[PDB]
Amino acid sequence: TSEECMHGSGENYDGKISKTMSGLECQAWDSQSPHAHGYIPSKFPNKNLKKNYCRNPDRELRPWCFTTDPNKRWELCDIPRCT
Ligand SMILES: NC[C@H]1CC[C@H](C(=O)O)CC1
């Protein structure tokens, strides 16, 4: 709902994809479970976090989000390359 295909790292990216490249559907950036992690939307008027859609707060290579797995905290999302 901003940029749906990216040049690579999806800095601004808040498309619609929220699937970790090697795992699961991400757990939203809010507070739910498995854990009340950092990067909480309540502290950002910035157009960063959203529901579970991958972002890049530390601007990692591939945009990531927290997973739904109780042991896998963060994970890189596979977001579609603009081709
Ligand atoms: N290593 C990239 C980036 C991944 C998430 C991590 C966190 O969960 O805080 C911050 C660093």
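Each residue takes its place number in the sequence, starting with 1. Whatever order the structure lists them in is the order used to number ligands and atoms, beginning at 1. Worth knowing before you read on, the calculation uses all heavy atoms, side chains too, and leaves out hydrogens, waters and symmetry mates.
In this structure, the main binding partner of ligand 1, as named in the PDB entry, is protein (plasminogen).
Lab note: drug at ligand 1 identified as tranexamic acid. Across chain A, the UniProt domain dominating contacts with tranexamic acid is Kringle 2. Measured on heavy atoms with a 4.0 Å cut-off, the binding site of tranexamic acid is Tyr39, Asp58, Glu60, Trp64, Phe66, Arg73, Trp74.
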